[PDB]
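Here's Reverse transcriptase/ribonuclease H with rilpivirine bound to it.
Here is how names work: the chains are called A, B, and so on, in the same order as the sequence lines, proteins then strands, and each is numbered from 1. FYI, side chains are in, hydrogens and waters are out, and symmetry mates aren't considered; it's all heavy atoms of this structure. Indexing begins at 1, ligand by ligand and atom by atom, following the structure's order.
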Amino acid sequence: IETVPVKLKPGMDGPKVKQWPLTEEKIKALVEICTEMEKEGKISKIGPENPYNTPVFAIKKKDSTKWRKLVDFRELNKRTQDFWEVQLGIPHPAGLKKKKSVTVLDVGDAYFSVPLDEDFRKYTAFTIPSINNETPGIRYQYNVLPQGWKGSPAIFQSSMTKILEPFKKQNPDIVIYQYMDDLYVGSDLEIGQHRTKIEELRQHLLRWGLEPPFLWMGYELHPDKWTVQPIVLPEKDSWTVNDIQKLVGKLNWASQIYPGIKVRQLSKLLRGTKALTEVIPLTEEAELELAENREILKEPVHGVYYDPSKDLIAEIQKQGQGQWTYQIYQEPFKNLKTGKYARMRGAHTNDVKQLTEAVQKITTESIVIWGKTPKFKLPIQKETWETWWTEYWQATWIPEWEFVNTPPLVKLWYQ
Amino acid sequence: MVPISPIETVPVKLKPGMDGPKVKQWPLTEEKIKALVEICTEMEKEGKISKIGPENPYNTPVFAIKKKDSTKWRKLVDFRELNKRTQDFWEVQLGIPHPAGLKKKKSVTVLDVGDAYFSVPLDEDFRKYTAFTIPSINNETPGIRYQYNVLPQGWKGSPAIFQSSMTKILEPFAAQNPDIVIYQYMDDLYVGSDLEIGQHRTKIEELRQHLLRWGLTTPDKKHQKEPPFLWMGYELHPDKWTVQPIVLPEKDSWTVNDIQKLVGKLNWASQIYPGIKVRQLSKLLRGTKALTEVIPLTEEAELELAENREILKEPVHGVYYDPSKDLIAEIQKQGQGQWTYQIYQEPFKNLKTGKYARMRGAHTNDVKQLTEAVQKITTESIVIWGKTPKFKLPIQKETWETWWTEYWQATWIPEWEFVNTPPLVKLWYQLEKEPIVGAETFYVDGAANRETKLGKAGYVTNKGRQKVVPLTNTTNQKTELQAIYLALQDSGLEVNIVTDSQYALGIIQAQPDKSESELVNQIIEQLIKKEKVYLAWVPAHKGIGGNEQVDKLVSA
Ligand SMILES: Cc1cc(/C=C/C#N)cc(C)c1Nc1ccnc(Nc2ccc(C#N)cc2)n1
Ligand SMILES: Cc1c(CO)cnn1-c1ccc(F)cc1
Ligand SMILES: Cc1c(CO)cnn1-c1ccc(F)cc1
Ligand SMILES: [Mg+2]
């Protein structure tokens with residue numbers, strides 16, 4: 001009810017980010033949403049003395065027909081002061097990734113109940129463009145904590161902890177973790193029980209609220225089943241020259257991750273200049289080397305540790321037939337997590353939809369495990385990604401990304 | 001009197017840390033001073049400026065300029081210094097409407113709102129920064145000191161504040177009259193509708209009555225401007241549009257600057273004249289920017305210029321957008337990285353046209369370029385019409401399918417259909433996924449010395465075929481490609497090739513069909529002639545047979 005003072009970082013001006021082109025249907029949806037938000041006092045029209053801007057668009061959350069305004073506050077979030085005044089931080093709960101069921105709630109509508117510092121509001125400015133720029137873009141700023149801004153969970157955090165106290169005291173084994181506009185709620189209960197507790201939780205916020213348009217939804221995750229991708233070598237009775245070449249290449253690559261990998265005795269099998277399809281019998285020495293390599297590869301990688309002061313990096317490879325592999329790391333060759341997807345939903349003829357869904361699933365895993373989003377290295381041309389990703393986006397946050405333009409040789413080894 | 005609503009002032013600040021201008025007034029002749037004093041006396045009577053005391057420490061210089069072929073002087077207050085110190089504003093006019101997104105209108109009327117410009121007050125707290133001084137006759141008295149009460153012409157904030165003030169006034173009229181459109185440009189309002197002319201003129205008088213609620217008068221004697229309108233390089237008519245006349249000069253010899261102007265005209269023309277080309281003319285502007293230098297036109301540029309003159313021989317017009325019909329975009333390959341497109345709704349009636357040029361890069365292919373052109377047209381179409389057109393593309397469905405399923409990147413093109421108008425985009429080669437049984441295996445390598453640039457490239461095969469070639473002025477990377485080329489040249493129609501060159505694999509896995517490197521181009525031409533090629537990579541220096549042998553032959 002009273003505003004928390006908020007500043008940008010020293011020597012740092014507000015965002016001035018161009019609005020990208022919006023479709024007719026997203027413009028109409030935003031006009032309708034913003035007319036209502038303005039009537040409810042959440043946003044107000046601004047004049048030309050405000051030169052700041054952040055892009056806006058609109059999405060449909062997973063499994064619903066109603067539009068959700070999404071403001072891309074990535075630049076504002078970079079430029080906003082860090083929030084360590086009351087707490088140095090919310091030490092990320094390491095138990096969340098061990099629960100059998102984790103449900104994700106959109107609680108962002110709660111933020112609209114807290115006014116935003118009068119002197120900071122100018123920096124939340126956004127524009128609803130018009131088709132063909134035929135009428136001036138509609139200019140607004142926020143009067144209340146916005147969805148998507150990193151300050152909102154921080155400023156609302158004292159109110160959230162109070163709202164949730166009776167639920168936590170009654171359910172002490174439940175892990176509740178807040179990331180931006182999401183609440184993550186993990187339990188080890190039978191899913192029918194689980195769903196009921198989640199509905200219990202919603203009521204605490206409905207009760208306090210007295211409506212949230214997307215609070216009723218539930219994205220269910222089962223992180224205890226999440227799968228990883230160790231390095232595995234083929235088991236064959238007949239090895240061709242080509243097979244052994246590919247094995248030596250994969251082992252050479254692995255030797256940068258794992259020290260004691262040896263290829264000497266496997267190379268020796270190719271002595272001469274042989275046809276690629278010719279079958280080569282493994283000698284005993286080569287078989288032993290190969291078994292010793294198999295054994296090395298069953299052990300964890302040495303010296304792998306998470307540092308919360310460093311970015312997480314996520315790399316993705318397209319493997320074909322709807323399959324995608326990925327790795328998350330901070331230092332080269334020190335993977336914190338690897339994985340593979342194939343269940344790309346409703347995208348069997350659309351690579352770019354499949355990649356957008358992969359980015360979202362990886363980001364979710366990163367939030368659950370470390371409590372922040374990775375920086376993505378995406379195998380796509382920038383112009384293709386930028387034209388299409390917002391058509392498939394269903395999350396209320398947005399990570400950072402860069403583009404890979406040269407084909408990585410390592411795609412072969414994650415196959 | 002009739003009460004009028006005031007126009008709300010926009011609060012205005014100087015940039016953080018800056019103070020207002022304190023700029024010396026230049027000396028003026030007795031004649032100019034007399035003229036400025038009369039001009040300013042009238043401006044003061046009209047409320048635009050006010051006399052101020054000597055406490056105000058700011059100043060901006062004032063000038064008198066003789067309006068040519070007239071005995072009447074005009075005043076110029078030079079706000080360049082205040083403008084550097086004034087905050088930035090939101091600029092609404094950055095994106096201008098494209099005529100091809102406009103709707104046909106039966107009537108468009110123009111209303112002059114220049115007098116309204118002066119009803120727009122300047123923020124009271126900012127006025128002091130606009131002070132100026134008329135020098136006195138013979139500098140024997142204090143100069144006359146004035147400041148502005150209204151938005152000054154030439155001040156940084158005037159266009160944005162004027163436009164934002166007028167938009168706010170007009171918003172309720174536009175909302176409660178959805179059967180008209182209103183657009184402001186300079187000191188005019190343009191009002192369009194599809195109404196019978198009597199209702200249209202009724203709307204116009206209602207707009208005039210609405211504007212009177214702020215005391216804004218518009219001239220009774222109706223505007224002289226009437227369709228067609230010359231606007232932002234275009235000619236707008238009620239039911240069609242075009243660009244203003246494109247006139248390519250005749251010239252015996254061309255300068256850098258001339259060629260830049262020529263390309264500018266051709267680029268402007270290309271939004272409605274189909275098929276304009278500028279590659280060979282732009283190639284003449286490579287690197288150099290000595291605006292007076294004469295460049296000989298190549299034979300290729302002469303042909304391009306000649307082809308463009310033909311395209312421009314007679315007027316072409318676009319039609320306006322009908323939101324009830326699909327948008328269709330058709331693309332043609334023109335050669336040399338150039339693509340052209342037309343967007344239409346009814347056959348043979350273009351809304352607009354355009355072109356796309358290949359990005360600068362070492363290697364490329366036609367499928368990638370077509371994809372890029374599709375993404376550019378999509379983005380432009382979202383801007384102009386808010387939706388993606390349906391595409392008509394010169395590439396077979398089966399070719400696209402093969403491309404995107406095997407390409408290492410994610411890629412996508414929205415809803416499209418094949419149009420069989422040559423030249424078609426095709427896949428020139430496609431490497432095997434598995435080694436070929438019965439095909440000879442070539443183990444290739446090359447090496448060079450970084451100092452003498454002397455190198456060797458070669459191969460050995462499982463049939464005992466061998467070749468090593470000594471090379472001069474070469475590099476490790478070049479010799480690795482040179483070795484692959486030799487294997488392609490000396491093999492039959494099916495071949496397995498084993499390389500340790502990560503550089504060469506990176507290039508070939510990008511699937512180029514054209515390259516800035518004549519060596520890559522030679523390799524592409526050999527690949528096109530083969531029936532089957534399998535390319536295998538191995539790590540260097542690991543005792544791998546075949547690779548080890550040829551590495552030794554070429555590094556000797
Ligand atoms: C952008 C714009 C520039 C001018 C005028 C600029 C100037 N000078 C005049 C108008 C009215 C508009 N606004 C719109 C909006 C939607 N359809 C149209 N169609 C439209 C406009 C002019 C003519 C004509 N003749 C025909 C159709 N104009
Ligand atoms: C989504 C986006 C961004 C942000 O990545 C930049 N441009 N665009 C974009 C590109 C093409 C469009 F048609 C619409 C929007
Ligand atoms: C009319 C024309 C041409 C034809 O040569 C080239 N640029 N322009 C142009 C385009 C936009 C303008 F605002 C003014 C001029
Ligand atoms: Mg070598």
| task | Name every ligand number or chain letter assigned to rilpivirine. | result | ligand 1
| query | For rilpivirine (ligand 1), which other chains fall inside a heavy-atom cut-off of 4.0 Å? | reply |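 Other chains, by heavy atom: A, B.
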| request: Could you find the nearest protein heavy atom to atom 4 (C) of rilpivirine (ligand 1) and give me its residue, atom name and distance? | output: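 In this structure, atom 4 (C) of rilpivirine (ligand 1) has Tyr183(B) CD2, 3.7 Å as its nearest protein heavy atom.
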| query | For atom 16 (C) of rilpivirine (ligand 1), which protein heavy atom lies nearest, and how many Å away is it? | reply | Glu134(A) OE1, 3.7 Å
| request: Distance to 0.1 Å, residue and atom name: give those for the protein heavy atom nearest to atom 17 (N) of rilpivirine (ligand 1). | output: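 Of the protein heavy atoms, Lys103(B) N, 3.2 Å lies nearest.
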| How does the entry refer to chain A? | p51 RT
| query | At what distance is the nearest protein heavy atom to atom 14 (C) of rilpivirine (ligand 1), and which residue and atom is it? | reply |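 Minimum-distance protein heavy atom for atom 14 (C) of rilpivirine (ligand 1) reads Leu102(B) CD2, 3.8 Å.
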| request: Mark up the atoms of rilpivirine (ligand 1) that fall under 4.0 Å of a heavy atom belonging to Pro238(B), in ascending order. | output: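 Under 4.0 Å from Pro238(B), rilpivirine (ligand 1) has these atoms: 24 (C), 25 (N), 26 (C).
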| said: If we only consider heavy atoms of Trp241(B), is any one of them less than 4.0 Å away from an atom in rilpivirine (ligand 1)? | reply: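 Contact absent.
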| Tell me, which protein residue and heavy-atom name are nearest atom 9 (C) of rilpivirine (ligand 1), and how many Å apart are they? | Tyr190(B) CB, 3.6 Å
| query | Do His237(B) and rilpivirine (ligand 1) have an N or O pair less than 3.5 Å apart? | reply | yes
| Under 4.0 Å, heavy atom to atom, what does rilpivirine (ligand 1) touch in the other chains? | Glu134(A), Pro97(B), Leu102(B), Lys103(B), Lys105(B), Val108(B), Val181(B), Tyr183(B), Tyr190(B), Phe229(B), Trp231(B), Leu236(B), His237(B), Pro238(B), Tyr320(B)
